[PDB]
Amino acid sequence: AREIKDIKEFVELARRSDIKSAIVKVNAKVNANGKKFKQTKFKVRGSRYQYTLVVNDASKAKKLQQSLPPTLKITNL
Amino acid sequence: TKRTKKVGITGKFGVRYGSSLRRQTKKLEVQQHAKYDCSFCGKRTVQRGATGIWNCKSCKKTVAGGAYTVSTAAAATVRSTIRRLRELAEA
Amino acid sequence: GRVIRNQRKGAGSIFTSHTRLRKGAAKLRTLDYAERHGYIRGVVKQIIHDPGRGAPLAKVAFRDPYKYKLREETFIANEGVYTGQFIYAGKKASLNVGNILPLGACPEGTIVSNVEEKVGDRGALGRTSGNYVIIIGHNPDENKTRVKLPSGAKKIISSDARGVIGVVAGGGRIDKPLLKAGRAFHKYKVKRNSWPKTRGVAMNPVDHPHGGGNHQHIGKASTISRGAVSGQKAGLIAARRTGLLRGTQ
Amino acid sequence: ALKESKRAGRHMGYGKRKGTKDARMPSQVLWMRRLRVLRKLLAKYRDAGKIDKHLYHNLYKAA
Amino acid sequence: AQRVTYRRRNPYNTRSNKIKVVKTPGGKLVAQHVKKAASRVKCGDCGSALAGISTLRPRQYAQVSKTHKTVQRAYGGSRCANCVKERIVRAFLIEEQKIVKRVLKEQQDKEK
Amino acid sequence: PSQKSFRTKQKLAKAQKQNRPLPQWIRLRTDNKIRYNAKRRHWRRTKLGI
RNA sequence: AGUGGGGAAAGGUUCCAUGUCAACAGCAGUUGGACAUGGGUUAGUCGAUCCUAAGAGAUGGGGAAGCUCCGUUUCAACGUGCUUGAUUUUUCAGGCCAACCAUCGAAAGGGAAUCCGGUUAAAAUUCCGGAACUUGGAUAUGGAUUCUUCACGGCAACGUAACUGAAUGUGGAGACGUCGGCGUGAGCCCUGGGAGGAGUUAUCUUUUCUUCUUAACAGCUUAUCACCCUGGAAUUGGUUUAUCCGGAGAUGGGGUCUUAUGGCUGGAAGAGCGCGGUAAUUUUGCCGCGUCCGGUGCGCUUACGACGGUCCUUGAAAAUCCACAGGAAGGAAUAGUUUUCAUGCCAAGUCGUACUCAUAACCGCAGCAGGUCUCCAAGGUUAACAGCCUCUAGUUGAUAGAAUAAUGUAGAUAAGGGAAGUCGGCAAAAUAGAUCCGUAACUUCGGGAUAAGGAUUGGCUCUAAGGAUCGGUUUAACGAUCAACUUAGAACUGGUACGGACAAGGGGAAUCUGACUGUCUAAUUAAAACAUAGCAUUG
RNA sequence: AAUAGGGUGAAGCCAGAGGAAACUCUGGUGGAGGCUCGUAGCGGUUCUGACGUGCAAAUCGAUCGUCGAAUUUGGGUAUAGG
Ligand SMILES: NC[C@@H]1O[C@H](O[C@H]2[C@@H](O)[C@H](O[C@@H]3[C@@H](O)[C@H](N)C[C@H](N)[C@H]3O[C@H]3O[C@H](CO)[C@@H](O)[C@H](O)[C@H]3N)O[C@@H]2CO)[C@H](N)[C@@H](O)[C@@H]1O
Ligand SMILES: NC[C@@H]1O[C@H](O[C@H]2[C@@H](O)[C@H](O[C@@H]3[C@@H](O)[C@H](N)C[C@H](N)[C@H]3O[C@H]3O[C@H](CO)[C@@H](O)[C@H](O)[C@H]3N)O[C@@H]2CO)[C@H](N)[C@@H](O)[C@@H]1O
Ligand SMILES: NC[C@@H]1O[C@H](O[C@H]2[C@@H](O)[C@H](O[C@@H]3[C@@H](O)[C@H](N)C[C@H](N)[C@H]3O[C@H]3O[C@H](CO)[C@@H](O)[C@H](O)[C@H]3N)O[C@@H]2CO)[C@H](N)[C@@H](O)[C@@H]1O
Ligand SMILES: NC[C@@H]1O[C@H](O[C@H]2[C@@H](O)[C@H](O[C@@H]3[C@@H](O)[C@H](N)C[C@H](N)[C@H]3O[C@H]3O[C@H](CO)[C@@H](O)[C@H](O)[C@H]3N)O[C@@H]2CO)[C@H](N)[C@@H](O)[C@@H]1O
Ligand SMILES: NC[C@@H]1O[C@H](O[C@H]2[C@@H](O)[C@H](O[C@@H]3[C@@H](O)[C@H](N)C[C@H](N)[C@H]3O[C@H]3O[C@H](CO)[C@@H](O)[C@H](O)[C@H]3N)O[C@@H]2CO)[C@H](N)[C@@H](O)[C@@H]1O
Ligand SMILES: NC[C@@H]1O[C@H](O[C@H]2[C@@H](O)[C@H](O[C@@H]3[C@@H](O)[C@H](N)C[C@H](N)[C@H]3O[C@H]3O[C@H](CO)[C@@H](O)[C@H](O)[C@H]3N)O[C@@H]2CO)[C@H](N)[C@@H](O)[C@@H]1O
Ligand SMILES: NC[C@@H]1O[C@H](O[C@H]2[C@@H](O)[C@H](O[C@@H]3[C@@H](O)[C@H](N)C[C@H](N)[C@H]3O[C@H]3O[C@H](CO)[C@@H](O)[C@H](O)[C@H]3N)O[C@@H]2CO)[C@H](N)[C@@H](O)[C@@H]1O
Ligand SMILES: NC[C@@H]1O[C@H](O[C@H]2[C@@H](O)[C@H](O[C@@H]3[C@@H](O)[C@H](N)C[C@H](N)[C@H]3O[C@H]3O[C@H](CO)[C@@H](O)[C@H](O)[C@H]3N)O[C@@H]2CO)[C@H](N)[C@@H](O)[C@@H]1O
Ligand SMILES: NC[C@@H]1O[C@H](O[C@H]2[C@@H](O)[C@H](O[C@@H]3[C@@H](O)[C@H](N)C[C@H](N)[C@H]3O[C@H]3O[C@H](CO)[C@@H](O)[C@H](O)[C@H]3N)O[C@@H]2CO)[C@H](N)[C@@H](O)[C@@H]1O
Ligand SMILES: NC[C@@H]1O[C@H](O[C@H]2[C@@H](O)[C@H](O[C@@H]3[C@@H](O)[C@H](N)C[C@H](N)[C@H]3O[C@H]3O[C@H](CO)[C@@H](O)[C@H](O)[C@H]3N)O[C@@H]2CO)[C@H](N)[C@@H](O)[C@@H]1O
Ligand SMILES: [Mg+2]
Ligand SMILES: [Mg+2]
Ligand SMILES: [Mg+2]
Ligand SMILES: [Mg+2]
Ligand SMILES: [Mg+2]
Ligand SMILES: [Mg+2]
Ligand SMILES: [Mg+2]
Ligand SMILES: [Mg+2]
Ligand SMILES: [Mg+2]
Ligand SMILES: [Mg+2]
Ligand SMILES: [Mg+2]
Ligand SMILES: [Mg+2]
Ligand SMILES: [Mg+2]
Ligand SMILES: [Mg+2]
Ligand SMILES: [Mg+2]
Ligand SMILES: [Mg+2]
Ligand SMILES: [Mg+2]
Ligand SMILES: [Mg+2]
Ligand SMILES: [Mg+2]
Ligand SMILES: [Mg+2]
Ligand SMILES: [Mg+2]
Ligand SMILES: [Mg+2]
Ligand SMILES: [Mg+2]
Ligand SMILES: [Mg+2]
Ligand SMILES: [Mg+2]
Ligand SMILES: [Mg+2]
Ligand SMILES: [Mg+2]
Ligand SMILES: [Mg+2]
Ligand SMILES: [Mg+2]
Ligand SMILES: [Mg+2]
Ligand SMILES: [Mg+2]
Ligand SMILES: [Mg+2]
Ligand SMILES: [Mg+2]
Ligand SMILES: [Mg+2]
Ligand SMILES: [Mg+2]
Ligand SMILES: [Mg+2]
Ligand SMILES: [Mg+2]
Ligand SMILES: [Mg+2]
Ligand SMILES: [Mg+2]
Ligand SMILES: [Mg+2]
Ligand SMILES: [Mg+2]
Ligand SMILES: [Mg+2]
Ligand SMILES: [Mg+2]
Ligand SMILES: [Mg+2]
Ligand SMILES: [Mg+2]
Ligand SMILES: [Mg+2]
Ligand SMILES: [Mg+2]
Ligand SMILES: [Mg+2]
Ligand SMILES: [Mg+2]
Ligand SMILES: [Mg+2]
Ligand SMILES: [Mg+2]
Ligand SMILES: [Mg+2]
Ligand SMILES: [Mg+2]
Ligand SMILES: [Mg+2]
Ligand SMILES: [Mg+2]
Ligand SMILES: [Mg+2]
Ligand SMILES: [Mg+2]
Ligand SMILES: [Mg+2]
Ligand SMILES: [Mg+2]
Ligand SMILES: [Mg+2]
Ligand SMILES: [Mg+2]
Ligand SMILES: [Mg+2]
Ligand SMILES: [Mg+2]
Ligand SMILES: [Mg+2]
Ligand SMILES: [Mg+2]
Ligand SMILES: [Mg+2]
Ligand SMILES: [Mg+2]
Ligand SMILES: [Mg+2]
Ligand SMILES: [Mg+2]
Ligand SMILES: [Mg+2]
Ligand SMILES: [Mg+2]
Ligand SMILES: [Mg+2]
Ligand SMILES: [Mg+2]
Ligand SMILES: [Zn+2]
Ligand SMILES: [Zn+2]
């Protein structure tokens, strides 16, 4: 599994022709000194590698979720 | 302090093998573990590998020598004999 | 009786030489046009220890005169030869330590090693550490040279036969006592199975002509004829004399 | 409870010792410990300028 | 403490049957078989380890890019920097001295 | 051993198949004289030879 | 250093489930490695297969009456050669080489590639789930590069996503002995806070035990050594536990590189672990919470790193992979090249895989106190992996009952004497650890030596000594914080005991003999016999 | 492929002292050796112990030799009846 950091790079990758499905994982965490925050992991399963994008902001995650191609099957965990 | 009066390097042999055999061993074993002057770089960094093989640590020059010294007296004499015969032959 | 230890060695079962660790056969170059008419130059890459040998060996790289390739030769290292030295071999090679010259090209008194018995056999005489061959004189009409060998024998060889200038390296090895059975064990671990040796007088009469007796003793003269047969030649074979060597020979 | 007793020094008398002085505390370890303490201080003083490189070299060979 | 077993039929501590001990996500402790450590690429002139070249077991070099296996210079992955510098200087000085030795024997082919 | 050749394993399959008891319907044949398998082999008692 | 958990050899179904007691398990038997019936061993990644080792062994040949013997490139015309442009004319045109080259020979050598969780009555690195990798083949898109055609940057070490390279040549890796200390990591051991669970609780104990884990693989980052630039050194400096380096360029300043190792992240919490609440004959669950942050070290094991010693000993080969030198050939502009950059497509056949590895699965006629190669290795005491007790795991198996004469076998003790016994101190006893003191003749000066001979040793309460990391005009000669067990001494104390079990030399004066270490009569002789270095003779 | 834990303390190296010199002395460091005590291992001294129709066609018990090298050992391989 390889990690992707740039969100723009991630959406173009999600429309690669070999991408079967995707996983959206929600992790409840805490900003150390701060308080609870909700991390979301977007995982795209390609032919060779699984690509993970970590989005610590719960709102840009929701926008990203509506920015993925509608054809991909998405499993919510 | 001085640890041994006379055995030196052969104190590793204890009392065995005979004093005559141990003191005769001491001369050649001091010679074979010494550092010699490199005729190439000038440092005292030439040490023995196997018998007849003498390497310099600094300039990494290896020279063929004697069993326990870099040069035997017989070889040094031959070099001068060869040097001598070379001068007359080449005028 | 039984086959004695002399006779079991010819079959060579456990008496072959231990050669796994050997670094190649020490030979001169094959005598070619360049050595026969002029000289060729090579460079020393290595001077290495050869197991079972007191003399170190030198690996010398020459160019091949006829095809684009490097040829590595295994010479017997003469003392004073160093890594990176240029070695010159041939009729026109100069009188420097390590150069390979025909015997006729060396003046009287020249110390030479790895000498050819016959022209082109690539070295037969004076190959062990500290040993050498002295050139005593020349016979130009028949093209032959007289030399003195390490055993003290004088020999006449073709002047076209080659030799290496200098003394074989590693001499003085015998000056130090071994001091231990283990040292001889390690010495012969890479030579052959000839150590340790049981005295024939300590065997039974089946095992040896010296075996037997209610005391350990040979019983008959230990000088054996040259014309004796295998199984009898144990002791001093064709001995011209016995006893402490007194005076000059 | 023993480890506090042994830290306070109990059960360490001559009748409680089976190894030699050097197996219990090697003299080579004590020497190495000491000479690293001395070398570390000398570089601290020379690097702070409290002593110069000439006094440093003499004391390095003395240590 | 938990103890481990070999993972293969070889029961002997040979050079190719070396193991490491690793803790699993199950909180268990298993032996993990390690591959032999790679040796460094070495200089063909001086025998020193060449800088800038990855140290891998030989078959692993075929499937990795060229920048890992070379240095942008003459004799890049074969000789060290200092050994090429001596080659360049030696080649230059020796080829220059050949000219001096040639001209000197054309001057002596008109005076001697 | 666990590591065995095919030729060995094929002999061990035949050795297992030859170690059956006699099928009981064989005693009912007319003029049948065989009452039991007289060539039984236990692994610990008599060894094969592989 | 197991009666634990696996394996190699060897066995071959002994493995698992069901039934079962005629024989076998030297009593028994409802039990079994017995008997009967069924079931069970899943691989591109684990081994074979490939390579070569000591060695074995065809061929041309040469011997031999011959079975056959020799020889391994040998007095040999030794390629079932390759590489292209092709040609579709299934013909060719040619271009290169052919020192060496049949082959077998390793389940411990060499060697392409897999991990975790879960799963069975019995299989699992093989199955399920997920996540990867290698080799071979095919191949398009993106990127890269070119009008200065086959890329740029850096003084340099060298850096980069790529970024032509034939014949031929050269290197590297493959690839290696042994010992010693130092350093670092990992696992284990020890330990703090906090969040759970269990035990003790007459009394004490903020207590005792336990869960708090993170794979292969991918990215970023991380280095001693080595190297580069600068600079030019005696008042010689730098420096290791261990003394080596420097005008052949040190110290200083700044950089480059290499596996190993750590860190962060993806894999990955969804897994696994620990709790609480529940569904229900119930296949099997479902729900909720936590799974966090540290410290310590002459600790143990092991790997790596930089070093030092050693040898009349210098410590495999080959398969295989890569790089370089070289400059053949082929290459753009209205377009050219390349699959050593990324991504994408297809495939990986054959045989082994259960179980035992031993006081019951092997060999010793056997379920035999014997023999048989190897991996992992907790706490206390301790120098210690010894001995003794314990945690995990595993066993509680050895016919049994009742008695306790003689004589036994194994083991203890004994008044006074102390070898008078006896061939003979055989056997037993005595000594025994550690600290301090002290230690003869003789000697090859190395030893003798733990010579001999003396003293001390518990427990408790104290005292003293020995470090680390930071903080600034050189009184930091000090403060702050942290930290390991070592050493020395004192007071008190007790039926004078104290290496309290365990563990653990008796010593001395001489003669004969072999110098020593070493070796042999497996199964009556271990010696003064053999060997050995040294010495000498012979060819 | 395998070999606990200790003892001794050889070269080399550092510091100090004495001497006119040649040199010597002292305190450390260091970690040599077919060195040593002693496990495993390998061996097999004595009890002339046990047993001696044995557990065993060579074992058992204590005691003992050696235990870093001429060490121990697996597998492959070679040598074959005068
Ligand atoms: N003058 C000839 C000398 O032979 C010497 O040695 C020769 C021989 O003594 C030596 O013996 C070799 C043996 O090693 C190896 N097995 C090869 C060869 N068969 C043997 O050779 C021998 O056998 C041959 C028969 O073949 C006979 O001529 C003779 O008995 C003998 N030369 O091999 C050499 C020839 O092959 C030296 N090489 C050199 O001095 C010189 O060549
Ligand atoms: N490998 C062959 C080589 O050539 C030779 O080999 C020898 C053999 O071929 C043959 O020697 C025979 C031997 O076959 C046979 N079985 C024993 C006989 N004693 C030997 O004979 C030899 O030695 C004797 C004794 O000194 C002499 O009298 C006789 O002249 C001599 N030929 O002749 C050669 C000796 O003359 C060399 N001895 C040696 O380099 C090597 O063996
Ligand atoms: N992911 C970490 C490392 O990254 C490597 O990836 C790197 C390699 O592919 C290549 O690394 C180069 C390489 O040319 C050659 N080995 C020399 C150079 N020093 C390396 O350099 C690289 O690695 C260093 C070290 O972290 C980095 O600091 C540096 O930025 C980076 N360019 O360039 C990549 C850039 O990082 C390995 N692929 C990987 O297996 C390894 O774990
Ligand atoms: N420039 C040095 C080179 O030495 C070479 O000579 C050596 C090589 O041919 C061969 O050396 C091998 C090497 O080929 C191979 N790639 C592995 C390793 N690098 C070397 O190993 C050599 O040295 C190591 C040192 O520990 C030893 O263990 C090993 O026994 C020895 N063969 O063995 C020779 C003797 O050691 C050649 N003369 C040539 O390539 C060149 O001159
Ligand atoms: N694919 C072949 C393999 O590639 C490997 O490549 C590894 C390296 O490139 C890189 O290793 C880095 C290392 O560079 C860096 N300096 C330290 C870092 N901890 C390592 O990381 C790696 O190794 C550690 C263990 O040390 C693992 O815990 C970690 O998961 C793993 N990523 O990460 C890769 C992890 O597989 C190794 N070179 C070697 O095992 C082998 O060549
Ligand atoms: N770690 C130091 C460095 O790494 C290497 O050294 C490593 C080993 O090679 C070295 O081993 C020792 C060495 O300490 C000692 N002073 C000399 C000895 N000959 C070496 O031994 C070597 O000899 C054999 C020969 O067959 C080599 O094949 C093998 O690498 C190594 N065992 O010790 C190191 C172990 O960490 C390089 N030699 C060199 O770069 C440097 O010394
Ligand atoms: N491919 C199967 C592999 O080869 C063997 O299997 C092969 C053989 O049993 C059999 O091979 C026969 C051969 O026996 C017979 N004497 C000649 C016949 N032409 C072969 O046939 C085979 O081989 C030819 C090439 O020769 C192929 O072209 C053909 O496709 C193949 N069927 O045909 C099978 C197919 O190749 C092993 N038995 C098998 O275990 C292994 O996996
Ligand atoms: N000193 C060492 C210790 O001696 C201990 O042993 C002690 C006692 O067991 C031993 O007693 C032995 C007795 O066992 C043995 N079987 C016979 C002997 N007569 C006794 O000896 C005793 O009594 C005699 C009477 O004359 C006196 O000399 C004295 O009191 C004592 N030695 O006397 C020893 C003390 O002198 C243990 N063996 C052990 O802890 C350790 O070895
Ligand atoms: N280094 C020895 C030390 O002696 C210590 O104790 C020793 C002394 O301290 C002590 O002696 C003291 C004495 O100092 C003081 N001046 C008088 C006192 N009576 C003595 O004590 C004595 O008597 C007392 C009863 O009073 C009892 O405990 C016992 O009989 C004895 N210790 O008794 C020992 C006599 O030597 C410890 N016993 C020991 O652990 C420690 O190592
Ligand atoms: N029968 C009496 C006892 O059994 C012994 O038999 C020996 C072994 O059977 C027994 O087992 C050893 C031991 O280290 C441990 N307890 C188990 C280990 N697997 C075995 O170790 C060894 O066994 C054999 C034989 O010794 C070795 O050849 C082999 O290298 C090794 N595996 O240990 C004994 C040696 O210590 C001896 N017969 C005798 O000395 C001993 O007192
Ligand atoms: Mg991912
Ligand atoms: Mg003898
Ligand atoms: Mg006799
Ligand atoms: Mg006779
Ligand atoms: Mg006679
Ligand atoms: Mg006689
Ligand atoms: Mg006799
Ligand atoms: Mg006699
Ligand atoms: Mg007489
Ligand atoms: Mg004389
Ligand atoms: Mg105290
Ligand atoms: Mg010391
Ligand atoms: Mg090793
Ligand atoms: Mg059997
Ligand atoms: Mg049979
Ligand atoms: Mg134990
Ligand atoms: Mg069963
Ligand atoms: Mg019964
Ligand atoms: Mg019954
Ligand atoms: Mg059955
Ligand atoms: Mg494999
Ligand atoms: Mg195959
Ligand atoms: Mg061969
Ligand atoms: Mg043949
Ligand atoms: Mg024929
Ligand atoms: Mg064959
Ligand atoms: Mg093969
Ligand atoms: Mg074979
Ligand atoms: Mg293999
Ligand atoms: Mg699961
Ligand atoms: Mg599993
Ligand atoms: Mg199982
Ligand atoms: Mg799978
Ligand atoms: Mg570019
Ligand atoms: Mg190897
Ligand atoms: Mg070691
Ligand atoms: Mg080491
Ligand atoms: Mg460590
Ligand atoms: Mg892996
Ligand atoms: Mg490390
Ligand atoms: Mg090139
Ligand atoms: Mg299994
Ligand atoms: Mg048994
Ligand atoms: Mg047992
Ligand atoms: Mg049988
Ligand atoms: Mg019994
Ligand atoms: Mg009874
Ligand atoms: Mg009793
Ligand atoms: Mg009495
Ligand atoms: Mg009385
Ligand atoms: Mg008395
Ligand atoms: Mg009497
Ligand atoms: Mg006695
Ligand atoms: Mg004493
Ligand atoms: Mg005495
Ligand atoms: Mg007498
Ligand atoms: Mg003796
Ligand atoms: Mg004598
Ligand atoms: Mg006997
Ligand atoms: Mg004896
Ligand atoms: Mg005996
Ligand atoms: Mg003798
Ligand atoms: Mg003579
Ligand atoms: Mg020791
Ligand atoms: Mg010894
Ligand atoms: Mg001993
Ligand atoms: Mg022995
Ligand atoms: Mg016995
Ligand atoms: Mg008896
Ligand atoms: Mg009886
Ligand atoms: Mg013993
Ligand atoms: Mg064998
Ligand atoms: Mg016969
Ligand atoms: Zn030099
Ligand atoms: Zn170089």
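Residue numbering restarts at 1 for every chain, and letters A, B, ... go by the order of the sequence lines. Hydrogens, waters and symmetry mates are skipped; everything else that's a heavy atom, side chains included, is used. Readers should note that the entry appears only in part, and the reported contacts come from within that part. Whatever order the structure lists them in is the order used to number ligands and atoms, beginning at 1.
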Colleague: Look at ligand 3 and name the drug there.
Modeller: paromomycin
Colleague: Can you peek at the structure and tell me the main thing paromomycin (ligand 3) is bound to, named as in the PDB entry?
Modeller: 25S
Colleague: If you measure heavy-atom distances to paromomycin (ligand 3), which other chains fall under 4.0 Å?
Modeller: E, G
Colleague: Let me know which other ligands or ions come in under 4.0 Å from paromomycin (ligand 3), please.
Modeller: ligand 5 (paromomycin)
Colleague: In this deposit, what name belongs to chain E?
Modeller: 60S ribosomal protein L34-B
Colleague: Write out the binding site of paromomycin (ligand 3) as chain and residue number, heavy atoms closer than 4.0 Å.
Modeller: E:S54, E:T67, E:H68, G:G159, G:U160, G:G219, G:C220, G:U221, G:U222, G:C257, G:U258
